[PDB]
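Below, a PDB structure including CB3717.
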There are 2 protein chains.
Amino acid sequence: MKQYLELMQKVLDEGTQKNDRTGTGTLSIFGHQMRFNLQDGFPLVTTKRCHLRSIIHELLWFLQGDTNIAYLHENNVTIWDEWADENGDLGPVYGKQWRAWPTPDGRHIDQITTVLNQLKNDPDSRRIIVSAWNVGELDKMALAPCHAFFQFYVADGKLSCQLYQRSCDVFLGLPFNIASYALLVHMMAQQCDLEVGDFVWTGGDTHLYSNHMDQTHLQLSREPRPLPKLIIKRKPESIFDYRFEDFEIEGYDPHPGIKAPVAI
Amino acid sequence: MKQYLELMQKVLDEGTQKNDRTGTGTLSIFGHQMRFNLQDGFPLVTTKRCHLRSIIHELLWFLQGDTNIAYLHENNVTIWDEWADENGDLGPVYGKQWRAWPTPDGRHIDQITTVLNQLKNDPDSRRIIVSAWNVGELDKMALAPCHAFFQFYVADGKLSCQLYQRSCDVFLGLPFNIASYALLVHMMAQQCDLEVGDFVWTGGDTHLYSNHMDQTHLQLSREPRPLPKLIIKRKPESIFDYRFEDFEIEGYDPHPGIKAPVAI
Ligand SMILES: C#CCN(Cc1ccc2[nH]c(N)nc(=O)c2c1)c1ccc(C(=O)N[C@@H](CCC(=O)O)C(=O)O)cc1
Ligand SMILES: C#CCN(Cc1ccc2[nH]c(N)nc(=O)c2c1)c1ccc(C(=O)N[C@@H](CCC(=O)O)C(=O)O)cc1
């Protein structure tokens, strides 16, 4: 997409060679924002083929409040393999925080149910947020949430959502998250009888790993193709009842996929 | 400031009429980001006279981990009176969440010290964040946090900061928060022997209350003056040992102040 590619070029031209946790090295910029009008099409990268099966199953895995990769495996998704323990657990990551944020007094908070109820009863609320940044549980998580916090908004019957991504792997992780949240907005809109609006991406440490330089240069040479469209074949009783079979991405003509090594 | 005035005009030009909790009515836009290079000067609004006293004392109050207005009153700061209970208490807001975020296992985390440790021992970390958005304590708070989350970043010996403000009252609150955060960055940098970089502001529901329109346009008819300069007359042993009297704002020649009704 034009926005995605311009961010890449931005990282190349302005990035600061930074040493990273993995000891790999990354070109990095701090602070960036982009807007994606969902009414223009699904923001799935066209300059490289993206794998939707992983994107869809991971999201349904989140909404279930699951933190064990068993479900992912059952559906051939291996993205979380390198971080799960001997038993497949990842600690209280996203899923747990979205559906069961633990209070100090022992209670748990369902942030998705709360959001649904706010969108339906109080759409003008400026407090429609879901946060995965639970400071008290960070040390138990296999990894600290990269897509840490997000906020919904309703204006003129349209549903918007801003995502704050503290750490962003521009090449691999980014295309995945854009598509993931764009999908959530669609599922939320359908459930709350609202039209889809803007999906705004905001990041902190936006970086490109040194061992992805070639792949980047390659992708940067491809002319972006028109954006596909999403079809939701069925309307479930709740945002928690969607199935992989319910989605379809029409008009998706991407350039060949580009393979790149994963940084653990 | 150029960036500030530009946001105001954006809100006016692309805003959407939206009702709000206070029952006042607002003009709102969702998603914005602006950058301030702290090297250029202290980011304090010059198109209207601002009251540094209230800003500085609030920050020191915050860092103390205090959440009772008694301190503020001793120094004639009344900016938090409308929300305090009979005993002057506001609940576990800012100060508390920063100095002692409660965990589910009976621990408490001092996010300020943690961040200081990272800035000195692991400045390349992508996890240097302080969150006030404690989902499990919101009901105890007098008001849900506006400036809910912030991230620090280091590069070329310069410290930068990005803040995510979920709800922003452009006319009243914004000028306070920007001056407040720039102050924090200067304090952090001095404690970590770093120079000041950029303050990146990101807002969710960015709005102007309908009863501030005239005051807004009055302010917009004004030419911003040169940015003041901040002089810190001492290097305390710790970030929590700063006093009001250590800060000097020099060259601050603002246009007349404009009064405007608060929305409780
Ligand atoms: C981000 C994220 C989610 N995930 C996993 C995952 C890994 C690290 C994380 N790190 C942090 N901090 N938070 C996360 O949510 C997170 C999630 C991803 C995993 C792999 C690829 C990847 O290798 N990309 C291939 C996948 C191909 C396939 O699955 O068939 C690609 O080319 O798209 C991308 C994203
Ligand atoms: C942000 C913030 C802190 N605050 C208060 C305050 C109020 C509501 C909030 N709401 C939420 N949710 N979070 C907050 O941080 C927050 C803070 C402010 C309060 C009042 C003025 C105000 O009345 N402005 C006068 C100041 C006069 C003076 O102090 O001398 C003016 O005319 O400018 C400014 C800032």
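The chains referred to below are lettered A, B, ... by the order of the sequence lines, with proteins before strands, and numbering in each begins at 1. Side-chain atoms are counted along with the backbone in the values below, which use heavy atoms only and exclude waters and symmetry mates. Whatever order the structure lists them in is the order used to number ligands and atoms, beginning at 1.
Contacts with CB3717 (ligand 1) are greatest for the chain named in UniProt as Thymidylate synthase. Other chains within a heavy-atom distance below 4.0 Å of CB3717 (ligand 1) are, by letter, A. Protein heavy atom closest to atom 23 (O) of CB3717 (ligand 1), with residue, atom name and distance, is A:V262 CG2, 3.9 Å.
Under a 4.0 Å heavy-atom criterion, A:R53 is not in contact with CB3717 (ligand 1). Distances from CB3717 (ligand 1) to the non-hydrogen atoms of A:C50 include no value under 4.0 Å. Among protein heavy atoms, atom 2 (C) of CB3717 (ligand 1) sits closest to A:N177 ND2, 3.9 Å. Nearest UniProt active-site residue in chain A relative to CB3717 (ligand 1) (non-hydrogen distance, 1 Å): A:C146, 3 Å. Taking each of A:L172, A:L72, A:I79 in turn, the one with a heavy atom nearest to atom 32 (O) of CB3717 (ligand 1) proves to be A:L172.
Protein heavy atom nearest atom 17 (C) of CB3717 (ligand 1), with residue, atom name and distance: A:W80 CZ2, 3.3 Å. For CB3717 (ligand 1), the polar-atom distance check against A:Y94 finds a nitrogen or oxygen pair separated by under 3.5 Å. Of the residues that UniProt lists as binding dUMP in chain A, those with a heavy atom under 4.0 Å from CB3717 (ligand 1) are the following: A:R166, A:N177. Residue A:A144 places at least one N or O, backbone or side chain, under 3.5 Å from an N or O of CB3717 (ligand 1). Taking a distance limit of 4.0 Å, we find that atom 14 (C) of CB3717 (ligand 1) is approached by some protein heavy atom. For atom 10 (N) of CB3717 (ligand 1), the closest heavy atom belonging to the protein is A:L143 CD2, 3.1 Å. Polar contact check, A:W83 against CB3717 (ligand 1): no nitrogen or oxygen pair lies under 3.5 Å apart. Heavy-atom separations between A:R166 and CB3717 (ligand 1) include at least one value shorter than 4.0 Å.
Heavy atoms from both the backbone and the side chain of A:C146 come within less than 4.0 Å of CB3717 (ligand 1). Distances below 4.0 Å separate heavy atoms of A:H147 from the following atoms of CB3717 (ligand 1): 15 (O).
The deposit credits the origin of chain A to Escherichia coli. Of the N or O atoms in A:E58, none lie within a sub-3.5 Å distance of an N or O in CB3717 (ligand 1).
The site surrounding CB3717 (ligand 1), defined by heavy atoms under 4.0 Å, contains A:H51, A:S54, A:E58, A:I79, A:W80, A:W83, A:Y94, A:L143, A:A144, A:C146, A:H147, A:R166, A:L172, A:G173, A:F176, A:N177, A:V262.
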